Q: 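Complex under discussion: methotrexate bound to Chain A, crystal structure of Dhfr.
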Amino acid sequence: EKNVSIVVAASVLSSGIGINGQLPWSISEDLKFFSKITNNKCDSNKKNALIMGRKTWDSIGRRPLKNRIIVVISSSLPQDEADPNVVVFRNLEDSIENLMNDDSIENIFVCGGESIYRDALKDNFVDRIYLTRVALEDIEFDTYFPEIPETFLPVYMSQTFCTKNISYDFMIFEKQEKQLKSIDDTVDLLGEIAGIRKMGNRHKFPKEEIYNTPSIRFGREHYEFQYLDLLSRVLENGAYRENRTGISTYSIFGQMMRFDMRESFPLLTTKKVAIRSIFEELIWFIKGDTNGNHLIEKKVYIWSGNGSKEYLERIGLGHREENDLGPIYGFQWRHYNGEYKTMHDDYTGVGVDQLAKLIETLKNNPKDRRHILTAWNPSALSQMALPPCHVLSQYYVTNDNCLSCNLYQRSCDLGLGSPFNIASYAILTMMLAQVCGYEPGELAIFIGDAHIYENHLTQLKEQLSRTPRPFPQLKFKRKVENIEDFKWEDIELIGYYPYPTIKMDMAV
Amino acid sequence: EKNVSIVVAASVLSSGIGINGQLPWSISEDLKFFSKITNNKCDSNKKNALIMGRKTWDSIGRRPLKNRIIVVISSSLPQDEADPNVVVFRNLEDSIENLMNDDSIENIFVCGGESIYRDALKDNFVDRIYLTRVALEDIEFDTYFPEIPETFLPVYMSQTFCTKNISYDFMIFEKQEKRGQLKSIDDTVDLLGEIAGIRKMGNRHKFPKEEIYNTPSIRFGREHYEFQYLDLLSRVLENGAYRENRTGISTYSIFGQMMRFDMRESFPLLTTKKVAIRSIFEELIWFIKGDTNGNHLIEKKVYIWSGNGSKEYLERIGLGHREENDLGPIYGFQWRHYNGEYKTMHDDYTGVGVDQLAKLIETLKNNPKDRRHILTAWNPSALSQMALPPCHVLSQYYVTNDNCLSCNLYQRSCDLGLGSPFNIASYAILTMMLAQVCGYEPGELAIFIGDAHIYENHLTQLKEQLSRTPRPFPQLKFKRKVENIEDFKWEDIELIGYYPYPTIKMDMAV
Ligand SMILES: NC(=O)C1=CN([C@@H]2O[C@H](COP(=O)(O)OP(=O)(O)OC[C@H]3O[C@@H](n4cnc5c(N)ncnc54)[C@H](OP(=O)(O)O)[C@@H]3O)[C@@H](O)[C@H]2O)C=CC1
Ligand SMILES: NC(=O)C1=CN([C@@H]2O[C@H](COP(=O)(O)OP(=O)(O)OC[C@H]3O[C@@H](n4cnc5c(N)ncnc54)[C@H](OP(=O)(O)O)[C@@H]3O)[C@@H](O)[C@H]2O)C=CC1
Ligand SMILES: C#CCN(Cc1ccc2[nH]c(N)nc(=O)c2c1)c1ccc(C(=O)N[C@H](CCC(=O)O)C(=O)O)cc1
Ligand SMILES: C#CCN(Cc1ccc2[nH]c(N)nc(=O)c2c1)c1ccc(C(=O)N[C@H](CCC(=O)O)C(=O)O)cc1
Ligand SMILES: CN(Cc1cnc2nc(N)nc(N)c2n1)c1ccc(C(=O)N[C@@H](CCC(=O)O)C(=O)O)cc1
Ligand SMILES: CN(Cc1cnc2nc(N)nc(N)c2n1)c1ccc(C(=O)N[C@@H](CCC(=O)O)C(=O)O)cc1
Ligand SMILES: O=c1ccn([C@H]2C[C@H](O)[C@@H](COP(=O)(O)O)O2)c(=O)[nH]1
Ligand SMILES: O=c1ccn([C@H]2C[C@H](O)[C@@H](COP(=O)(O)O)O2)c(=O)[nH]1
């Protein structure tokens, strides 16, 4: 008995691990990771053994690895003797015996060639798989990682990283075989006694059947889990409620989500997200625009319904022309407190420009604590087609000169709105970072009424059955001078490989 | 081997457990807890044994406990085979002996009397201690739970509960003599951290080192909500970035963090330092009445808004033309007269500006499930006239299906050392007030911080605080049902069972 682990790097969609006797890419961090995992051991007078196939041997210059013993599988290679850090076997099965003996061998790693992976998995020799998911998928491959067998379950998944615009995961799987007992025994007995009265009961852990990729118990580091686990928590504990819209929701109050923005862009991968619409709705905010026709003109219908004659009629704004949403987001951002008459009037100079003051303060007085944008105007709400959901947002220049964002959101709808805000404020923050001279840092979203519309239950349950994939990267093709000059065309999505788009109808 | 646990309920400060042959209180959740912990077992063919002194056995009426075996330590009581569910032993040590005897015995509980506890601990018989800390002192006790020996560390502390206004609290201590979920995941996350450094968000949120983490041996059971404040503290202490600011005094800062606090079973007043509760109530209702006159506070001997309401400060910021302690359209002006025109702190502003606190109340009452119960103080039009731009910037309220009122607050900037304890207490109280007035019960308070920072002239004070294990939170009850939210008065408030550590002096950053 001694541990056997595969170590592989494979393309996210098709497990492409090689082309023309070489890799499909060069990613140093991955070689570094390979170096750390294969070198790692306790008793420092033993060596780990790296098993590989002759073509892979061939592939790295037949040049030995520091501090490790290579084991080449070949029919032809002479079992040499020049070198003791490189040994040769005629088949994979006998190459083990590694186990039995060489007590000078702590761990065994299967380092691949397809033919070798395929044999290790078929003859059931491997216990763990360390898999580096690489997000590049329209390139030639002639070598694949075989399908992970059912006996294996994912138990870790890291955040997404970036190298020269390529996103990658790493990820661990364990061959399955079948804190205190006291602390949990206590917490449960107090839970039985107290019922609703113990706050832990009001915040129950989600059940396996509604928790995305359940085997991943202690390694939920991919920040997309921050979104999916939120979904589970409400699936789990949400109270059923009626609301102004016909359609009722499951709801809980006071939640939060966090996303890295240094290494990747947080566009959900568990459903294809309408990034264009998101972007297009953002510059419309930025420009201070409240004319819904401008979005519709670019073929973005997200605000259609809240600007229809009937909807505005139903809510007291029947005096408005179709699509005059009144002083909603964009207007409070550039014209805070301005007096709104119609989308046709000229507002240049009226009201506080928050957004301009934001940029000025952000470049001139970075460490100061007042970088705030707010849409919550008690005096305007009744003229808005909808009061805002994303209500207030605070911005933060780190000592190392990234820009982070906090968004307070009164009423994210988890199914539709939420994945939008995530992307939206990510971008707003990247935009502010170009314009002000910083790099993107972190995004934290604080939620008030976090809920799911009931007509989304099955759809979101579908989403919850899909294991997340590395986030993509998002780059600007040019440096702008004023932030209102950004255009869709400027924007580059690198490496977005989502699952099918999931249809969800918006409750009006 | 075979577990021996002490189970005891004791007063938080002096460890009182008994007076005149009885308990100094009557708290049935505790008897429920006792019963659960002592009945709990795997093998339906074995039983647990509870050990007690004769006088304790007298205490419970000499009747057996369902489903368990009582073992009475007495010199004199007869060893009579009548009850198979009660056996007498002449000494604790022999009774311990349950350990090899009675394969039929699964677990062992020392159920007390001071003399059985003292003996069990002195003779080192015992592995774990289940302790219910009862928050009333200043009453008569004649029996005590011994001081817990240094060989035990605490490993769990529950949230605070309430019964007939008495706060209480469950903890476990383990005899500890001679990350980790398994190796493979911590190793991999460690290796990744090394490859990536600052590039892996995990390295940006490093775990607090043991010497700065409050009560470190409690690692998987930091349930007491006091820990939400303390752990935040240790977190900026471990990752907080240095930065100079508008005050000569620099801060250590991180960005984006949160705290939850229950308000159904207790009042979230920090116990690890005596907190100026009066001054908090007096500012709070100052805000509710919509008042901006700094004098009204000083007149009630509350000096928190003095430094910011003085002649020099008002000068240095461009408000020289303002009467002393005219603070401007700060918090309560915006709550009552959002966007109204600020003349002076003397004008009458009846009917001016949007009255948010009124709309709030109307909305909680008539539209409980609506998502627009919102209180805001961030008014870009009015920042400059303000002695100080607001820190508790926005709050939301939420009526649960079982009629409790919850509050979320977004705080852009938060002095962990000084303002934060005020904010927790402040908004717990406001929420309790809003709840009474609207017909509901207190629910939960969540607090979202933008800039969470510790002032550098505070480090040693907060380090001191971090070395004190928290005690169960007190209760706060209103003595009468007010008709209007601005009628509340300090006199109307009762603070039951607040037992803090001594106050810790910290200088304000002007
Ligand atoms: N992305 C990643 O993580 C990795 C990718 N790769 C890529 O994979 C490709 C190489 O893989 P692959 O084409 O499978 O070649 P392999 O590395 O699997 O080597 C194949 C050779 O191994 C020997 N061998 C295999 N099975 C047996 C057996 N049953 N008995 C005796 N000898 C055996 C034979 O050598 P002989 O002919 O001498 O008999 C065979 O030709 C390259 O593109 C490489 O870059 C490789 C490792 C990792
Ligand atoms: N708050 C809590 O959780 C609890 C509180 N209590 C309270 O504590 C008080 C009772 O405790 P306490 O006064 O210490 O009495 P105990 O329950 O410890 O009983 C004392 C008796 O136990 C027997 N005993 C003790 N030591 C020996 C020995 N070494 N050899 C032989 N017999 C021994 C003796 O009985 P005999 O005289 O027959 O020889 C002695 O008088 C009451 O107020 C009770 O309500 C009790 C349990 C729990
Ligand atoms: C958040 C936010 C901004 N908003 C604004 C907005 C306005 C009123 C609202 N009203 C309600 N009840 N829920 C909302 O989420 C909501 C959102 C959004 C509105 C609709 C979609 C939407 O239907 N998105 C696509 C379909 C359109 C597309 O493909 O572009 C989807 O089905 O996912 C997204 C965001
Ligand atoms: C929040 C808020 C309102 N405010 C107003 C206010 C004004 C300027 C500020 N400036 C800075 N830098 N930090 C602050 O927290 C702060 C707070 C407070 C100011 C001081 C104390 C304070 O020193 N409190 C007691 C001591 C006095 C007492 O016992 O009453 C303490 O030490 O806890 C609390 C609140
Ligand atoms: C077998 N092989 C192909 C290869 C490439 N990438 C991989 N990536 C992963 N994740 N797993 C593999 N098995 C893997 N294999 C290898 C093996 C070692 C080195 C190598 O250079 N290793 C150095 C690491 C060099 C570095 O630090 O950059 C070492 O010290 O181990 C390169 C390719
Ligand atoms: C020994 N004693 C005094 C007493 C009271 N409170 C305590 N509380 C604690 N935590 N620990 C003790 N040892 C303890 N002891 C007792 C013990 C049992 C019962 C009792 O009635 N027990 C019933 C209680 C059942 C119930 O009320 O649910 C049981 O089934 O266990 C009362 C007093
Ligand atoms: O960024 C956004 C834009 C608005 N909405 C949704 C949330 C609610 O479903 C709806 C507002 O509902 P009420 O507060 O009006 O009831 O708008 C979002 O979730 N996110
Ligand atoms: O309710 C309040 C009143 C103000 N402050 C503190 C927070 C900051 O320490 C200080 C303002 O600092 P600057 O934003 O001026 O830098 O006031 C609070 O924390 N809470």
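Chain naming is simple here: A for the first sequence line, B for the second, and so on down. All chain A residue numbers match the PDB entry; in order, they span 3-180, 192-521. We're sticking with the PDB entry numbering for chain B, so the shown stretch reads 3-180, 190-521, in order. These values consider heavy atoms only, across backbone and side chains, with no hydrogens, waters or symmetry-generated copies. Whatever order the structure lists ligands and atoms in, that order sets their numbers, starting from 1.
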Q: Could you point out every ligand or chain corresponding to methotrexate?
A: ligands 5 and 6
Q: What are the letters of the other chains with a heavy atom below 4.0 Å from methotrexate (ligand 6)?
A: B
Q: Give the residue list for methotrexate (ligand 6), heavy-atom cut-off 4.0 Å.
A: B/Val9, B/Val10, B/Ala11, B/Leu25, B/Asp32, B/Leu33, B/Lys34, B/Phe36, B/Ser37, B/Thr58, B/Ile62, B/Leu67, B/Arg70, B/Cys113, B/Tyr119, B/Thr134
